[PDB]
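The model below depicts Transcriptional regulator qacR holding hexamidine.
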Number of protein chains: 2
Amino acid sequence: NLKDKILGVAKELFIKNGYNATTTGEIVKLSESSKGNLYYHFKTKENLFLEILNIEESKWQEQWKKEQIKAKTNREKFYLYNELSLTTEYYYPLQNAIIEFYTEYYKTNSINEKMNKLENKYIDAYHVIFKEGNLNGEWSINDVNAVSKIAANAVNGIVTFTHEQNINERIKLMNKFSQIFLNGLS
Amino acid sequence: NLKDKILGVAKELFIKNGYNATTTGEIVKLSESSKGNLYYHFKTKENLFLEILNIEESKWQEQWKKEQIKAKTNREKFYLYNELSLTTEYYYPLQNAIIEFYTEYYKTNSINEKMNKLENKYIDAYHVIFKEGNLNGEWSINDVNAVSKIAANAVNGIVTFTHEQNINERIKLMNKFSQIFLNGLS
Ligand SMILES: N=C(N)c1ccc(OCCCCCCOc2ccc(C(=N)N)cc2)cc1
């Protein structure tokens, strides 16, 4: 599983030194693989990275699946998931390498394409919550996909453009948002 | 021009590339000058940047007023500000850039001050719209600043993380957002 070993070493290198400074050379030697093996599995560093991001997205889903059982109703799942997105990124190691990578390829439709497939995976969480909320009379939404992209992006905005305020303040605003939003659906 | 020529080329590269991707080296050469230049008015690099942000924030908040007249109620004002956010050429095209900046100077204090003193200029627009809406009885918000902040960030989110798809689809979501947010306020 040196494909797996490469993803691992790469994740760590990226975390320690960021996207730009990490060279496939380091990855090659530290994972005891080769330029060729690395080329055959990911073709480029960008792809390698995107690959990691999907693995990460997967772990996040897996995590959410276990964590969402703490929330009985969908209203609750909405409140909870948003809180998680805020508190977890506070200490997500890849966070900084992602920003680096993102704000460096959002100009390439090639990379930008896959970047959306990934983004869409994170949006499904909402889609599910919303779909389920319907089938339980918690709310009635006839445009799930829509409200889903909206929630996703609104929430990511609160997580991304607030950092400085103290952590409780943020959690507070987020929960406030989760309230206002959920309220304007009934 | 002298000073107001660098600022120009700067803003240009800060958007075209990242905050790091672009450096004084590039700015100087493409703005035909020397290093010294960038020192009396332009101390640090984050000085020239923090500057540019200020310019853009002002330009935007001004274009807003030279355009909010087209909205009789505040409910409409809210909607319009958010819709316009998506089409301007001011401030918002630097969110990606700002993100890097903040995530590379959040370890210092001279940042969480300007980078936070600008937050007022950023949420003011919503504060007025929400306060005035209270006097005008369109709604009743007793935690304006919270709501103002939550909105400023939710919106920035929708504008920033959808920036690469059908511009008219953006405008649609943004309106379903304004719709849903306002409906949750009462
Ligand atoms: N192994 C772990 N311990 C771990 C892994 C992943 C993780 O991930 C946290 C992820 C937060 C993701 C927020 C994504 O927000 C958006 C994504 C896409 C879009 C879009 N529509 N373009 C908008 C917001 C946290 C922990």
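Chain IDs: alphabetical, in sequence-line order. Chain A is numbered as in the PDB entry; shown residues: 2-187, in order. Using the numbering of the PDB entry, the residues shown for chain B are 2-187, in order. Reckoned from all heavy atoms, side chains included, excluding hydrogens, waters and symmetry mates. Just follow the structure's listing: the first ligand is 1, and inside any ligand the first atom is 1.
Chains with a heavy atom under 4.0 Å from hexamidine (ligand 1): A, B. According to the deposition, there is no covalent link from hexamidine (ligand 1) to a chain.
Residues with a heavy atom within 4.0 Å of hexamidine (ligand 1): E57(A), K60(A), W61(A), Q64(A), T89(A), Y93(A), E120(A), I124(A), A153(A), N154(A), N157(A), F162(B).
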